[PDB]
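The following structure holds dactinomycin.
Residue numbering restarts at 1 for every chain, and letters A, B, ... go by the order of the sequence lines. Technique stated in the header: X-ray crystallography, 2.5 Å. Parent or X for modified residues; extra atoms not counted.
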There are 4 protein chains.
Amino acid sequence: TXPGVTXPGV
Amino acid sequence: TXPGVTXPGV
Amino acid sequence: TXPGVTXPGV
Amino acid sequence: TXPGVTXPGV
DNA sequence: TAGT
DNA sequence: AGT
DNA sequence: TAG
DNA sequence: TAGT
DNA sequence: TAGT
DNA sequence: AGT
DNA sequence: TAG
DNA sequence: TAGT
């Protein structure tokens, strides 16, 4: 996720 | 930092 | 730091 | 001393 | 007293 | 002086 | 009473 | 935010 | 450096 | 850590 | 070469 | 599978 907590997605 | 981006500190 | 130049940390 | 713990002296 |  |  |  |  |  |  |  |  995020970053942070990529995306999703990418 | 955070986490993220601990604290600081700890 | 150190001392000298505490820790880090403490 | 040092610095630290200048020189001495200077 | 000097002088990180 | 030495996130 | 930092050295 | 810390602790010679 | 410690510490999602 | 966060199909 | 995250912060 | 993915991409601070």
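Across the structure, dactinomycin can be traced to chains A, B, C and D. Other chains with any heavy atom closer than 4.5 Å to dactinomycin (chain A): I, J, L.
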